[PDB]
Protein chains: 2
Amino acid sequence: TXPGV
Amino acid sequence: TXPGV
DNA sequence: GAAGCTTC
DNA sequence: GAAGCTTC
């Protein structure tokens, strides 16, 4: 994902 | 990333 | 270098 | 299952 989430 | 980008 | 989820 | 970048 993101980086992060 | 995303999904997608 | 661990650290990943959901496109399509 | 190919398909990934940038945190920290």
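Below, read A as the first sequence line, B as the second, and so on, with proteins coming before strands; counting in each chain starts at 1. Non-standard residues take their parent's letter or X, and their extra atoms are not counted toward contacts.
Notes: drug at chain B recorded as dactinomycin. The entry gives chain B the name actinomycin D.
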